Amino acid sequence: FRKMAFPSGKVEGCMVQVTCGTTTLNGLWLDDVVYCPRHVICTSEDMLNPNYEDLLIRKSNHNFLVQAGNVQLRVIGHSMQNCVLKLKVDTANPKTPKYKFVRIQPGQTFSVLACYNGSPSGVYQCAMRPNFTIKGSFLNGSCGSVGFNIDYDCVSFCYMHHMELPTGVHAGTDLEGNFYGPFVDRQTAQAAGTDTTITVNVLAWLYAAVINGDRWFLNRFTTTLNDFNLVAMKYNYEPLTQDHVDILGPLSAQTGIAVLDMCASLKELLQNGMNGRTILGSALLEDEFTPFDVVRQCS
Amino acid sequence: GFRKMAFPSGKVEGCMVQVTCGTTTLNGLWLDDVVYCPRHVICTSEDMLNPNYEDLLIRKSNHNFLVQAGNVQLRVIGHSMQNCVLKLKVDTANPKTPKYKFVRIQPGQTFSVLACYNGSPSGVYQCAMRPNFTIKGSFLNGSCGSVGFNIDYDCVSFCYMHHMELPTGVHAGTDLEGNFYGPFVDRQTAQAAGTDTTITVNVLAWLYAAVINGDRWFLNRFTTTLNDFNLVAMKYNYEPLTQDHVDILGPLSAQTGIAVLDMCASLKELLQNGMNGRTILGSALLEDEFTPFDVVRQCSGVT
Ligand SMILES: CC(C)(C)[C@H](NC(=O)C(F)(F)F)C(=O)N1C[C@H]2[C@@H]([C@H]1C(=O)N[C@H](C=N)C[C@@H]1CCNC1=O)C2(C)C
Ligand SMILES: CC(C)(C)[C@H](NC(=O)C(F)(F)F)C(=O)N1C[C@H]2[C@@H]([C@H]1C(=O)N[C@H](C=N)C[C@@H]1CCNC1=O)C2(C)C
């Protein structure tokens, strides 16, 4: 049972490089539009305190250098949508997949295609944390890298990368340019709210451990949903809803372990610790697999 | 804070096809005008219990092989067996063929796996070849013929093709010349993974990654010789280091100023006493599936 990303090829064909002045990052080329973070228009000094509408009105189409591989694409229009710049180009991307833009919920997962200078570097799976950060792997020049899910050859883009917080976690926007979380695209110290653990995901992963032959953490105790949620909240876990209980249905049916019985297992894990033992090779309780991720990999 | 990162899979996605004989369907790799796939595609389920591959291949002709890119059939114009892989010559050169090499990897080396079903890629993840020549993969029915690979400057180095799952849940397969990693055979008969060991060179790479990020409490004031370290390491079920291992740690040793043998002595102390209550890179366990290249790959912005 591995952290598994979606195949990245459909997104690789959309990555380009965008340069304004001496600022270079990545863009997403779909049909005849390139989407990228608006701070590409900032000088280093601008980034410390940008007025973006004031900065953008001072730019012309020819200030944007867009490169697809070695070929330059001519920008013939530009507009700003929240924190995303949309560059209209005179060329349509023949590799444009069927796609949608979606805004994801905390706890949901997606694949990231990390890119530099318009070229793909690596692919990995992330979760939107409850505090709306992501624990990514991004370096200088990674901005405009995107996160996505793939469903029957349709790519749902959900994340575009903008920044790294001082704790090392990452922040960005949806493809409409709206940040996840209380962050702004200004170079200034920013903290996130206190994070919490994605309870429904921990339960899905505990089911993954049972599907793969590991059961040491199970017990005969029992819990109600409300009594479990009281303990979960005490340990900085997110509440478990009836909707979550229902989504876990297929995993409980496959394993014959009632959802509330797995809740009692997790309650014991939280109250006693793991005693130096491991679950699926992990010393900590993993919360970045959704129920759907577990089903997709185990079935 | 240091996670597994797969290579972008697009160059390999463009090479995946499906291969069917009878009702047995698996994945194949289409490069130029040849499709490579596991030879047990020619077996019925009953054949797999005790196959005579040479005799089974005698009874097959080109017209018995259904090769499809999606729903599009590729006409087979020749077939041959090379160890445990079948090579089907087709009448169309794949226009998506990347620059590529076939390589046989060492234990400890990592690669990306593109898990595929019915020729359709489903997911991508990183794997290490264990010292017992298994991989801790994630594979379901129909996954055979999925490949593992590394990329270096637009050249895809294919190193693994998937064939089978062992009773402990780990996986075994071949290089792209059809030679198994490890003592395994492509027959549905009782087989077992041997005892595994910890990949020392990768643990050292992980300790260097910790040092790069300022996590260096475990740096001691001692050193060791390679031979003394190798003999102690084996007592803790750690792999001995080769001369090649020492050299592939060279770049990380230069970056940090920590000599390889000094880091070996630091690791020895962890094995004999260490951790206590402390963590390294936020982990109480020593990670052994990051190579020195993987550390450098993720700390640089390669490609
Ligand atoms: C890291 C840092 C001190 C620099 C800064 N962060 C904060 O100022 C914060 F703390 F508010 F987040 C920061 O990220 N930026 C400052 C400036 C852009 C952004 C930025 O350089 N983005 C990079 C895009 N190519 C990706 C980064 C690079 C390192 N790893 C990443 O992911 C804008 C917010 C306009
Ligand atoms: C696990 C099973 C008991 C079925 C058997 N294993 C052993 O006989 C062993 F234990 F000896 F290894 C086994 O894998 N096979 C039996 C038969 C082929 C192979 C096989 O079905 N390969 C699948 C390719 N599509 C991938 C498998 C499916 C489940 N997960 C996988 O990865 C051959 C060895 C010729």
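Residue numbers start from 1 in every chain, and the chains themselves are labelled A, B, ... in the order their sequence lines are given, proteins ahead of strands. Recorded method for this deposit: X-ray crystallography, 1.5 Å. Atoms within each ligand, like the ligands themselves, are counted from 1 in listed order.
- The name recorded for the drug at ligand 2 is nirmatrelvir (bound form).
- Within 4.5 Å of nirmatrelvir (bound form, ligand 2), most heavy-atom pairs belong to the chain that UniProt identifies as 3C-like proteinase nsp5.
- Counting only heavy atoms under 4.0 Å, the other chains near nirmatrelvir (bound form, ligand 2) are B.
- With non-hydrogen distances under 4.0 Å, the site around nirmatrelvir (bound form, ligand 2) consists of B:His40, B:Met48, B:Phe139, B:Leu140, B:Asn141, B:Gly142, B:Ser143, B:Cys144, B:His162, B:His163, B:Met164, B:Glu165, B:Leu166, B:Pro167, B:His171, B:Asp186, B:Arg187, B:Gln188, B:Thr189, B:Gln191.
- Near B:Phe139, the atoms of nirmatrelvir (bound form, ligand 2) lying under 4.0 angstrom from a non-hydrogen atom of the residue are 30 (N), 32 (O).
- At a distance under 4.0 Å, no protein heavy atom can be found next to atom 21 (O) of nirmatrelvir (bound form, ligand 2).
- Protein heavy atom at the shortest distance from atom 25 (N) of nirmatrelvir (bound form, ligand 2) is B:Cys144 SG, 2.8 Å.
- Nearest to atom 32 (O) of nirmatrelvir (bound form, ligand 2) among the protein's heavy atoms is B:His162 NE2, 2.8 Å.
- Lab note: closest UniProt active-site residue in chain B to nirmatrelvir (bound form, ligand 2), heavy-atom distance to 1 Å, was B:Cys144, 2 Å.
- Atom 16 (C) of nirmatrelvir (bound form, ligand 2) has its closest protein heavy atom at B:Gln188 OE1, 3.5 Å.
- The bulk of residues of chain B touching nirmatrelvir (bound form, ligand 2) reside in UniProt domain Peptidase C30.
- Which parts of nirmatrelvir (bound form, ligand 2) touch B:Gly142 is read off a 4.0 Å heavy-atom cut-off, strictly below it: atoms 25 (N).
- Residue-ligand proximity, B:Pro167 to nirmatrelvir (bound form, ligand 2), at heavy-atom distances under 4.0 Å covers atoms 10 (F).
- Of all protein heavy atoms, the one closest to atom 11 (F) of nirmatrelvir (bound form, ligand 2) is B:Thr189 O, 3.0 Å.
- Nearest protein heavy-atom neighbour of atom 19 (C) of nirmatrelvir (bound form, ligand 2): B:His163 O, 3.4 Å.
- In terms of protein heavy-atom proximity, atom 28 (C) of nirmatrelvir (bound form, ligand 2) is nearest to B:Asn141 OD1, 3.4 Å.
- Scanning the protein for heavy atoms near atom 15 (N) of nirmatrelvir (bound form, ligand 2), the closest one is B:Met164 CB, 4.4 Å.
- Looking at atom 30 (N) of nirmatrelvir (bound form, ligand 2), its nearest protein heavy atom turns out to be B:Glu165 OE1, 3.0 Å.
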